[PDB]
Q: 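Hey, got a structure here with S-thalidomide, can you help?
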Amino acid sequence: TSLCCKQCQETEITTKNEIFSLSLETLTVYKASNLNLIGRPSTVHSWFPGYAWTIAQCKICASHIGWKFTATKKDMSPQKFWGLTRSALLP
Ligand SMILES: O=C1CC[C@H](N2C(=O)c3ccccc3C2=O)C(=O)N1
Ligand SMILES: [Zn+2]
């Protein structure tokens, strides 16, 4: 169930336990680890209306794994989640 950065191999980014389905490839998970955020949130072209995105890269190898999505309104659930490019992860 560990999902690790495919590039550096050793760095766990999330687990299968964290996977969920947002009502509307890209894996969406409630929680992730060992990612650094680059820049500030943007709503431009957001794949999840009502959320803004921030680039998220592996803390070890700087590979771009996906994005942190943050809610633009307080009344939403989850207030944030991660959308991760499946091919960037092992398994
Ligand atoms: O929700 C998202 C995440 C970011 C993603 N995105 C990209 O992957 C990209 C590549 C090049 C130029 C502009 C973009 C962009 O907005 C995108 O289109 N929407
Ligand atoms: Zn890595």
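All chain A residue numbers match the PDB entry; in order, they span 321-344, 360-426. Ligands are counted one by one from 1 in listed order, and the atoms in each one are counted from 1 as well. Only heavy atoms go into these numbers, but all of them, side chains included; no hydrogens, no water, no symmetry mates.
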Q: Which parts of this structure should be attributed to S-thalidomide?
A: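 Every copy of it sits at ligand 1.
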Q: Looking at this structure, what macromolecule is in contact with S-thalidomide the most, according to the PDB entry?
A: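 The chain with the most contacts is Protein cereblon.
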Q: Extract every residue of other chains having a heavy atom under 4.0 Å from S-thalidomide.
A: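 The heavy-atom contacts are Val379, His380, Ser381, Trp382, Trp388, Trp402, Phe404.
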Q: Pull out every atom of S-thalidomide sitting under 4.0 Å from any heavy atom of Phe404, numbered as shown with elements.
A: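 Within the 4.0 Å cut-off of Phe404, S-thalidomide contributes 1 (O).
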Q: Give the residue, atom name and distance (to 0.1 Å) of the protein heavy atom nearest atom 19 (N) of S-thalidomide.
A: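 Answer for atom 19 (N) of S-thalidomide: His380 O, 3.0 Å.
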Q: Hey, is atom 10 (C) of S-thalidomide touched by any protein heavy atom at less than 4.0 Å?
A: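 So atom 10 (C) of S-thalidomide lacks protein heavy-atom neighbours under 4.0 Å.
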Q: UniProt domain of chain A most involved in contacts with S-thalidomide?
A: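 Most contacts come from the UniProt domain cult.
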Q: Which UniProt-listed (S)-thalidomide-binding residues of chain A does S-thalidomide come within less than 4.0 Å of, going by heavy atoms?
A: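 Those UniProt residues with a heavy atom under the cut-off: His380, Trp382, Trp388.
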Q: Around atom 3 (C) of S-thalidomide, find the nearest protein heavy atom and jot down its residue, atom name and distance.
A: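 Minimum-distance protein heavy atom for atom 3 (C) of S-thalidomide reads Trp388 CG, 3.6 Å.
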Q: To check your reading of the model: name the closest protein heavy atom to atom 6 (N) of S-thalidomide, its residue, and the distance in Å.
A: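 Heavy-atom neighbour on the protein nearest atom 6 (N) of S-thalidomide: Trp382 CZ2, 4.4 Å.
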Q: Looking only at distances, can you tell me whether any N or O atom of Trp402, backbone or side chain, sits closer than 3.5 Å to an N or O atom of S-thalidomide?
A: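 No, since none of the N or O atoms of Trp402 sits under 3.5 Å from an N or O of S-thalidomide.
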Q: When you pair each N or O of S-thalidomide with protein N or O atoms, which pairs come out under 3.5 Å?
A:
unit_1        : atom_1 : unit_2 : atom_2 : d
S-thalidomide : 1 (O)  : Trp382 : N      : 3.0
S-thalidomide : 18 (O) : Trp382 : NE1    : 3.2
S-thalidomide : 19 (N) : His380 : O      : 3.0
S-thalidomide : 19 (N) : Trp382 : NE1    : 3.4

